[PDB]
Visitor: 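Quick one: the structure is below, questions incoming.
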Amino acid sequence: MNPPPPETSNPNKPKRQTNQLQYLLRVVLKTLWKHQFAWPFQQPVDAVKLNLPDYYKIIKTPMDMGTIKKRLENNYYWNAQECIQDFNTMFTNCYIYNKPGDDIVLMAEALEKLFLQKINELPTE
Ligand SMILES: O=C(O)c1cc(/N=N/c2ccc(S(=O)(=O)Nc3ccccn3)cc2)ccc1O
C-alpha cells in the first residue's frame, strides 16, 4: 500500500518569493520535467501499480518532481536549499532502491547531471 504523498501545502507556513525559488520553478523544474527520462519521476512512486511491494520498506523519504512542482507553486519552500534537497532525495532514492548499472539509475544520473548544470546558474540577489 502506498503512503500518502509528501505534504505540499500548509496554510500556516509563511511565504516569500525569491529570485532563486522563481528560477527553480520556471527554469530548473520546467527543464527537467520535459527531459526524455523525466516520466518515472513526475509523480510519487506507486508501488501497487508498479508491482514494487518492497519499495516503501526501503524508501522512507519518498520524493518526486510532481511533489516538488506543487511545493514551489504553493510557496511551500522558504529556502532554495529545501528544494535542492528534495531533488537530491529524489535522485538518491532511485540509487538506493535500484543498483549500479540499472537503466533507471543511468536515467536518474542523466537527470541529476542536468539538474547540477541548471543550478550552477542560480541567480543571485
Ligand atoms: O515508474 C516508472 O515509471 C518506472 C520506469 C522505469 N523505466 N525504466 C526504463 C525506461 C526506459 C528505458 S530505455 O528504453 O529508454 N533504455 C535505456 C535508457 C537509459 C539507459 C539505458 N537504456 C529503460 C528503462 C523503471 C522503473 C520505474 O519504476
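Quick note: numbers on chain A are straight from the PDB entry, i.e. 43-167, in order. As a basis for the values below, the full set of heavy atoms in this structure was taken, side chains included, without hydrogen atoms, waters or symmetry mates. One-based numbering, in listed order, for ligands and for the atoms of each.
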Visitor: Which of lamivudine triphosphate, sulfasalazine, binimetinib, pleconaril, azelastine is the drug or drug candidate present at ligand 1?
Guide: sulfasalazine
Visitor: State which chain has the largest number of heavy-atom pairs within 4.5 Å of sulfasalazine, named as in UniProt.
Guide: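 By most contacts, it's Bromodomain-containing protein 4.
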Visitor: Which option, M149, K91, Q78, owns the non-hydrogen atom nearest atom 19 (C) of sulfasalazine?
Guide: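 Considering heavy atoms of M149, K91, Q78, the nearest to atom 19 (C) of sulfasalazine sits in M149.
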Visitor: Any idea which of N93, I146, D144 brings a heavy atom closest to atom 6 (C) of sulfasalazine?
Guide: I146
Visitor: Output yes when a protein non-hydrogen atom is found under 4.0 Å of atom 14 (O) of sulfasalazine, and no otherwise.
Guide: no
Visitor: How far is atom 28 (O) of sulfasalazine from its nearest protein heavy atom, and which residue and atom name does that atom have?
Guide: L92 CD1, 3.5 Å
Visitor: Provide the number and element of each atom of sulfasalazine under 4.0 Å from a heavy atom of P82.
Guide: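 Answer, ordered by atom number: 2 (C), 3 (O), 4 (C), 5 (C).
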Visitor: Which UniProt domain of chain A gets most of the contacts from sulfasalazine?
Guide: Bromo 1
Visitor: Which residue and atom name correspond to the protein heavy atom nearest atom 21 (C) of sulfasalazine, and how close is it?
Guide: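 Closest protein heavy atom to atom 21 (C) of sulfasalazine: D145 OD1, 3.1 Å.
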Visitor: Give the residue, atom name and distance (to 0.1 Å) of the protein heavy atom nearest atom 3 (O) of sulfasalazine.
Guide: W81 CZ3, 2.9 Å
Visitor: Which residues in other chains are near sulfasalazine, meaning a non-hydrogen atom under 4.0 Å away?
Guide: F79, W81, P82, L92, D145, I146, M149
Visitor: Enumerate the pairs of nitrogen or oxygen atoms, one from sulfasalazine and one from the protein, separated by less than 3.5 angstrom; state names and distance to 0.1 Å.
Guide:
residue	atom	partner	partner atom	Å
sulfasalazine	22 (N)	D145	OD1	3.3

